[PDB]
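Accompanying notes for the structure given below.
Numbering starts at 1 and runs along the sequence shown. Basis for what follows: all heavy atoms, side chains included, without hydrogens, waters or symmetry-related copies. Whatever order the structure lists ligands and atoms in, that order sets their numbers, starting from 1.
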Amino acid sequence: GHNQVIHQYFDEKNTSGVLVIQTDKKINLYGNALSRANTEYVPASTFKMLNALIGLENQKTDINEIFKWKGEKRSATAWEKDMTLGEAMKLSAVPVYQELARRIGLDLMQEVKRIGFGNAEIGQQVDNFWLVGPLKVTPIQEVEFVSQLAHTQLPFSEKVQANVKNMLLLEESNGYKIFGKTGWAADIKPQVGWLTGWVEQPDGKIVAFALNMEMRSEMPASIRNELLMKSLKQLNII
Ligand SMILES: *C(=O)[C@@H]([C@@H]1NC(C(=O)O)=C(S[C@H]2CN[C@@H](C(=O)N(C)C)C2)[C@@H]1C)[C@@H](C)O
């Protein structure tokens, strides 16, 4: 797998991003803008993985609790229904995890400094610190986080991590499995899109990734998966 084809996938999408990969504590960089791997961006919709872990661990919820939609007009129309913590993970429904963050509370949430995620600061507003700061995390710190979650090595209960892991399955073909969570901080300039997860190769081998790239409103949501899937195809991970 050349480190140069990576460039022309990103050259052709007219973007500026990096694809971090980790295979058992050996990290390789892959992008047309490799410097972004050590650059702090807001975590956006990816924080839902740590929000679910902190909630399920502290028993502020469970994998079964159904969240009632109480009428208000939400961003996308697929969010306007009752759903559980898992279905809200797939749809990235923000209002659900906000109510969970209020159950946890700012004091208990500021667990974040114990896990050592990003700059480890959440400010005062407990329901929008991952969307416009003051929380920022580097794509290297992200790929290390999901690497521990896949190997079931995060500082939480073993049953809690495996529950969050089951909420993150995206594609299961050819004995492979690809877990991950998407993000898109559309409210900051320049915009930034995420796609952090891992690959469960058929032999159980684990390869974690953390795709970071600048976003624009005109891009499709399937521009992140398209860019990643053709890169794991090239690196012979799938
Ligand atoms: C998390 O970034 C937001 C949540 N996640 C998310 C995504 O990354 O897919 C969408 S934003 C993105 C999805 N399509 C675009 C759109 O608004 N439509 C075409 C409907 C933008 C979603 C908002 C969380 C902060 O809401």
How do PDB records name the drug found at ligand 1?
meropenem (bound form)
So I'm looking at this entry - what's holding onto meropenem (bound form) the most? Name it the way it appears in UniProt, please.
Beta-lactamase OXA-23
